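These notes concern the structure reproduced below.
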Amino acid sequence: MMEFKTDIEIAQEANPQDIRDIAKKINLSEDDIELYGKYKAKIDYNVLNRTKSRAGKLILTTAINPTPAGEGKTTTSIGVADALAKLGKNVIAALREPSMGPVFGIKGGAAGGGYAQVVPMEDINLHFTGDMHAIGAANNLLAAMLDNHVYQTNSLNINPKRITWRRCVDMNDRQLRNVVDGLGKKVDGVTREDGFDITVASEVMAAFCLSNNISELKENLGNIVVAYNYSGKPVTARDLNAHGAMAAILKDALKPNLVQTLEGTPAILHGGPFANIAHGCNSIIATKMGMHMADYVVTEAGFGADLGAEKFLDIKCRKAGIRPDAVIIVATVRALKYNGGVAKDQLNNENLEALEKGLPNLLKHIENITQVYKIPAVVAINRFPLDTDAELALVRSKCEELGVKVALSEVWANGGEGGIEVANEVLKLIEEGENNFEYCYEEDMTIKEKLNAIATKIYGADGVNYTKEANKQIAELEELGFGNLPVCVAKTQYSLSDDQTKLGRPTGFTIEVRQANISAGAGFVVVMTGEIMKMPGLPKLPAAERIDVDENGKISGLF
Amino acid sequence: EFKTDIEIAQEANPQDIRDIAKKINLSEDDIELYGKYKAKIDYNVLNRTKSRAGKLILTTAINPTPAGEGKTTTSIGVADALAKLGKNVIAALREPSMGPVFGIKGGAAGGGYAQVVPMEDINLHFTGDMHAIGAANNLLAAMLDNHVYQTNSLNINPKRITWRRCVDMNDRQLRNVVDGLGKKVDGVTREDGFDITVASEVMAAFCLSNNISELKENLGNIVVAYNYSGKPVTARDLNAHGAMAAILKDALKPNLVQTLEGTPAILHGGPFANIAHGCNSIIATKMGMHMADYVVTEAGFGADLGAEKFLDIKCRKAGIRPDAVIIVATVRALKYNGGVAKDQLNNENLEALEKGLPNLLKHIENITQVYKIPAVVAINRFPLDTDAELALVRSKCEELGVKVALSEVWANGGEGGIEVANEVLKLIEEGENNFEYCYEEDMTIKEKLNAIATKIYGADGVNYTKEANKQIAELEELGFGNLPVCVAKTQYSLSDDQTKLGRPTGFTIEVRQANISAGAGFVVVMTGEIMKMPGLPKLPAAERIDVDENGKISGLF
Ligand SMILES: COc1ccc2cc3[n+](cc2c1OC)CCc1cc2c(cc1-3)OCO2
Ligand SMILES: COc1ccc2cc3[n+](cc2c1OC)CCc1cc2c(cc1-3)OCO2
Ligand SMILES: COc1ccc2cc3[n+](cc2c1OC)CCc1cc2c(cc1-3)OCO2
Ligand SMILES: COc1ccc2cc3[n+](cc2c1OC)CCc1cc2c(cc1-3)OCO2
Ligand code: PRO
Ligand code: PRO
Ligand code: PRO
Ligand code: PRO
Ligand code: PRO
Ligand code: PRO
Ligand code: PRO
Ligand code: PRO
Ligand code: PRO
């Protein structure tokens, strides 16, 4: 027979505390909190200026390259945080907010999974506290003011063909990828090519997550480059007098959102940019908030260590002035056997030979964390019942040779109890740890030197090649004065290389850069190794067709 | 003696919204808080409480003039006045669109000392209803295009797609677009456009639904296109309405807010008054009548548009009947109808006041003699209004059997509305159930149009273009001839000619176009061009908007 519980059944049967009690666990009075129902809350960012910082530790959760087998990065983050709570520690989980668009294409999902989730699950997947709407409104206001300026006088001499700013919407709408607007009468605007991204891909989202306060948000938004003039110089949102209004739309959204786990552990969800064209981390203001209110903060970055962790350490940690005390590298035996050449169908059979072929992927990410950034790390293996004792022993052997212990995580089935082993090793790394954190590169280096450093040190590439047009675009960015910013490499996440088919630990390859541009608002240069989907489409049978509401207003079909 | 509306709003002491909910017998478990000054009310509270069967007070006005009339200020003021008189009362109002705030600055819900607070939050995101309306609108658009891109098994003709996308911005750039460009995987190339979010039919259907079940059903009946066989394709055909109602599940809960004097207020919905009915949502008015003894609501654009549609559309679908009608006007506005220039409105001009008074008199006749509802004229008094001017207006209105009450709510708060509120209470106790619609649902579209044009506007009849006739003919064949008609004409005149002030007589209505809003449940009829997406000014008000280091917004008002 069978008997099992889906994540939504686990979320339904939960007993979530009043968010006011959750706030009490981190010394947040009722007068420091804006309630959104009794299970969601927004935290005033002005509590930092009137309370004493606990100077909590920072625990960064990452993973190997994503595989169709799944690794359970966010489930481990929530589970380890719950474990530290079982150990009597004052801990906060810092996570991102999901986009709403994909819920209607491919269905929504739990914050984590199993018994390591964040609740309320339904609200988190939909409107939550409205941050996504605030991001999009600010994005589209700047777009309307840009087009309005060109329509009224165009005194800034904006070249319509060099307009880089794009509108956005929080839906999976392929139809809006490439558009032409401004058609009609003379009074209907100026005809030009345009496009829509999904809201989370907007640069507003990136700068939103890299602002320390509302004044830095207003300053970052003004630095956004929306076009170039006929002289080749950048035209910014500040030049349009737009950043003040955009900061007014985001005034409430910039407050971090307080929720909880299934075990009552305080959780903060805030922001959620891409992990290829952005850094893929939750907001700085939320991570700073947590370290100010708790002794431990468990956060995470998307797409695995070669992308999210690299940008957490080289972009976020630089702009926030923070240092991880420990790093959790998540992996599963099935994912490693997948790197070894096993097809997705056969990942449940024992295959020591394939596990050994795919282990160099985990080994490379360990070397990057512990030998390039010099940060104490622990491997968290999300154990499955078919994981043989030899498979676990082989993984532990090769990881011990690099000085890293392997802790078995069972938070998906046992909640915080299943994360005590990982939590204990993390506390051990924090106490026995020293400040050896090193960036992958220095800011004074050129854009090509920074890319060369990341490709060689992190990806394992022999070097970086540039197309004819990429070299031109990088040369312009150096001339305009952007060569002193961090670089954000937008490449595939399924491989250490830029070739999504090269599993394991590819060697003797080169990265092919074909496009580059400036995200002056977020504060980094974006570099492309291929086409990047900034607006997903809907499948043939969208998930929306099964979503329903009953006479009492209960939603079904979401998960 | 006092300051601007934003300064009055800042110097106000709003109570905790939980205490405001206590005034209308709402427990803490009936209330979702959005800070301690806003709250959403569960619409299931109706299913566990006994209805107080409260009275319905409709607030309308004369045709909007550049002089202003202060309609919403009077509604809030009369609501505060009934509170001063120890009555249990709720003010039901509309939510403002956030878009125009960044063009022509924001404004108060009301004005003077008759406001609704928080003013700042109401002008922006409020509780997110506008975002949900747009999300539901844009999901249906994405699923419509996806179906055509995938299989188009419904044989949708892209040249017959009527659904439009939306955004809550004043963006003239998105009026006419071509989307679907790019690779073969980037969609189907076609012409398209955007409207401001509050102009979506999702907004009108949102406001004409009695419960979450009718919302899902109404959303399903929305016509999004036509197949090559000429038959309507709906959102139900796309299996979208269940998902759209899920996006709106929390939005459909009315928003509990308060006035300056602590009176409970509900702001929910905000459709256009020309291409829609311009009323707050039916659930908000039902909720108020369920939880209180008196409800003051309003309709936009004066009696010939909002009040007409409030009575012939909203009242029909909700099954409610107004117990009294407040017709708001000013001496300045009537003298404007009499031929006085905008700059000369401060001098006494009894001759021009008599030339413009027929406008107010026609609206009285429609309320009291066509719909048969008791009415009272509320004059928002100005300091330079001579006693003779006020006496002339009182004279002509009493010839029709309607008292004139002087309103000073703007400068005096609820005290300034006691005179109006008293006549409203007198009209409710002495009134009878004589309410009649202007037309019956059985009549054809052109008969329903001829009924409104002649009885309400004062026209000799209705003329139709060739294209208007074909569209009306096609709407009859498809089976939409049984719905009400929502006439979209100018608000500055009883006629379809914005220059004909006062009380025009020898005119006829020209219909250029007819469309179907099957989700809202009415047929829209055009007399001219309708701007569903306004543009930003040369100097947008958003350039003056700023935020300080503590997160305080300036320049909004
Ligand atoms: C989202 O992440 C997930 C999602 C799903 C997961 C499912 C399972 N596990 C981790 C998961 C995980 O973490 C890696 C490991 C324990 C387990 C035992 C089982 C089983 C499934 C799983 O089927 C029968 O016995
Ligand atoms: C306890 O065992 C340990 C402890 C510490 C170890 C440290 C390192 N390694 C193994 C270790 C090990 O396993 C043998 C492998 C090579 C290496 C290169 C590096 C580095 C550290 C290490 O920093 C920068 O470059
Ligand atoms: C794969 O199946 C598909 C996929 C997409 C299809 C798209 C269209 N049609 C069949 C399709 C079909 O069936 C053969 C025929 C009706 C039509 C009219 C149009 C149009 C595209 C289509 O663009 C403008 O006017
Ligand atoms: C029943 O009659 C029909 C039925 C189906 C018809 C389908 C199409 N057209 C007329 C039709 C018609 O004419 C009256 C012409 C426009 C068109 C563009 C297209 C397409 C199909 C069609 O596929 C892709 O681009
Ligand atoms: O644009 C300005 O004048 C300043 C610079 C940072 C925030 N606003
Ligand atoms: O000790 C650390 O590494 C972090 C840095 C910011 C405060 N605590
Ligand atoms: O490596 C660097 O340049 C800085 C020093 C503190 C941490 N990272
Ligand atoms: O179908 C689309 O429009 C995109 C591109 C391929 C996968 N999803
Ligand atoms: O109505 C309000 O909310 C304004 C703005 C803050 C103080 N008073
Ligand atoms: O079937 C079609 O026509 C579109 C294009 C690829 C899959 N869906
Ligand atoms: O979707 C694609 O990739 C093909 C190639 C160009 C036209 N469409
Ligand atoms: O209209 C409705 O509500 C249902 C949904 C599927 C078809 N009929
Ligand atoms: O499109 C509009 O609404 C304004 C009016 C003239 C200039 N643009």
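In what follows, chains are A, B, ... by sequence order, proteins preceding strands, each numbered from 1. One-based numbering, in listed order, for ligands and for the atoms of each. According to its header, the structure was obtained by X-ray crystallography, 2.6 Å.
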| said: Quick one: what's ligand 1 bound to in this structure? I mean the chain with the most contacts, named like the PDB entry names it. | reply: Formate--tetrahydrofolate ligase
| message | Can you remind me what the drug at ligand 1 is called? | response | berberine
| Other chains, non-hydrogen atoms under 4.0 Å from berberine (ligand 1) | A
| query | Which residues and nucleotides from other chains come within 4.0 Å of berberine (ligand 1), counting heavy atoms only? | reply | A/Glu71, A/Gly72, A/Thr75, A/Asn382, A/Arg383, A/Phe384, A/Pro385, A/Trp412
| Just which atoms of berberine (ligand 1) are under 4.0 Å from any heavy atom in A/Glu71? | 14 (C)
| Contacting atoms of berberine (ligand 1), where contact means under 4.0 angstrom from a heavy atom of A/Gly72 | 2 (O), 13 (O), 14 (C)
| said: Distance under 4.0 Å to a non-hydrogen atom of A/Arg383: what atoms of berberine (ligand 1) satisfy this? | reply: 15 (C), 16 (C)
| Which atoms of berberine (ligand 1) sit under 4.0 Å from any heavy atom of A/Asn382? | 14 (C)
| task | Identify, by atom number and element, the atoms of berberine (ligand 1) in contact range of A/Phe384, meaning under 4.0 Å from any of its heavy atoms. | result | 8 (C), 9 (N), 10 (C), 11 (C), 15 (C), 22 (C)
